[PDB]
Amino acid sequence: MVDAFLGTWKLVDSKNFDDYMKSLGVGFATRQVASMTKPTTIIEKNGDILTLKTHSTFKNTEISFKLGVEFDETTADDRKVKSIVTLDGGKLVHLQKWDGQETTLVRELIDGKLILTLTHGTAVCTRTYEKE
Ligand SMILES: COc1ccc2c(c1)c(CC(=O)O)c(C)n2C(=O)c1ccc(Cl)cc1
């Protein structure tokens with residue numbers, strides 16, 4: 001169920017996040033800081049409204065959305081995008097669109113870990129979170 005995503009998660013592993021951030025035009029100083037951060041992700045629901053918070057020493061974010069209903073988003077890196085989050089093959093798929101560009105933030109559960117795959121063009125980052 002979507003319910004298995006709910007709770008508090010902490011970053012334990014990251015692969016190619018710098019490449020993903022470069023692909024979005026994030027500056028080197030921000031990449032440095034964001035590269036050494038181990039955020040906490042909190043996923044909550046109220047009926048069919050899901051809230052996803054990420055907290056770190058660098059930045060806090062929060063979005064709320066209904067699955068399958070588009071929303072306007074200002075991203076952590078300050079892009080203004082058109083977004084939708086759906087459930088697809090048991091994965092939470094967040095698609096962001098802006099200026100004819102796209103990025104996906106895909107979350108899936110494997111062996112009790114939450115795996116976040118970030119794709120922007122060629123750049124693919126994988127980040128693993130464990131349950132708190
Ligand atoms: C579209 O995708 C993004 C954007 C920003 C992100 C992340 C993923 C993740 C990935 C995650 O949630 O693990 C973290 C940690 N971000 C930051 O905090 C962040 C904030 C501001 C800037 Cl400028 C750059 C990075």
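One-based numbering along the sequence shown. Side-chain atoms are counted along with the backbone in the values below, which use heavy atoms only and exclude waters and symmetry mates. For ligands, and for the atoms within them, numbers begin at 1 and follow the listed sequence.
- Located at ligand 1, the drug is listed as indometacin.
- Among all chains, the one with more heavy-atom contacts to indometacin than any other is, according to the PDB entry, Fatty acid-binding protein, heart.
- In this structure, residues within 4.0 Å of indometacin (heavy atoms) are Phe17, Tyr20, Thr30, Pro39, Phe58, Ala76, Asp77, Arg79, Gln96, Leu105, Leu116, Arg127, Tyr129.
- The nearest protein heavy atom to atom 16 (N) of indometacin is closer than 4.0 Å.
- Remark: indometacin atoms within the under-4.0 Å shell around heavy atoms of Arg79 are 1 (C).
- When each atom of indometacin is checked for a heavy atom of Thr30 under 4.0 Å away, the hits are 22 (C), 23 (Cl).
- When each atom of indometacin is checked for a heavy atom of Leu116 under 4.0 Å away, the hits are 11 (C), 12 (O), 13 (O).
- Listed by number with element, the atoms of indometacin under 4.0 angstrom from any heavy atom of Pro39 are 15 (C).
- The nearest heavy-atom contact from the protein to atom 3 (C) of indometacin is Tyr20 CE2, 4.0 Å.
- Taking every heavy atom of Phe58 and a limit of under 4.0 angstrom, the matching atoms of indometacin come to 20 (C), 21 (C).
- Of the protein's non-hydrogen atoms, the one nearest atom 10 (C) of indometacin is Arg127 NE, 3.4 Å.
- Distance from atom 12 (O) of indometacin to its nearest protein heavy atom, with residue and atom name: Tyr129 OH, 3.5 Å.
- Looking at atom 4 (C) of indometacin, its nearest protein heavy atom turns out to be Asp77 OD1, 3.9 Å.
- Closest to atom 9 (C) of indometacin, if we only count protein heavy atoms, is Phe17 CZ, 3.4 Å.
- For chain A, a heavy atom less than 4.0 Å from indometacin occurs in the following UniProt hexadecanoate-binding residues: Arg127, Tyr129.
- Close approach of indometacin to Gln96 (heavy-atom distance below 4.0 Å) involves ligand atoms 1 (C).
- Among protein heavy atoms, atom 19 (C) of indometacin sits closest to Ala76 CB, 4.0 Å.
- Measured by heavy atoms, indometacin lies under 4.0 Å from these UniProt (9Z)-octadecenoate-binding residues of chain A: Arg127, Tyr129.
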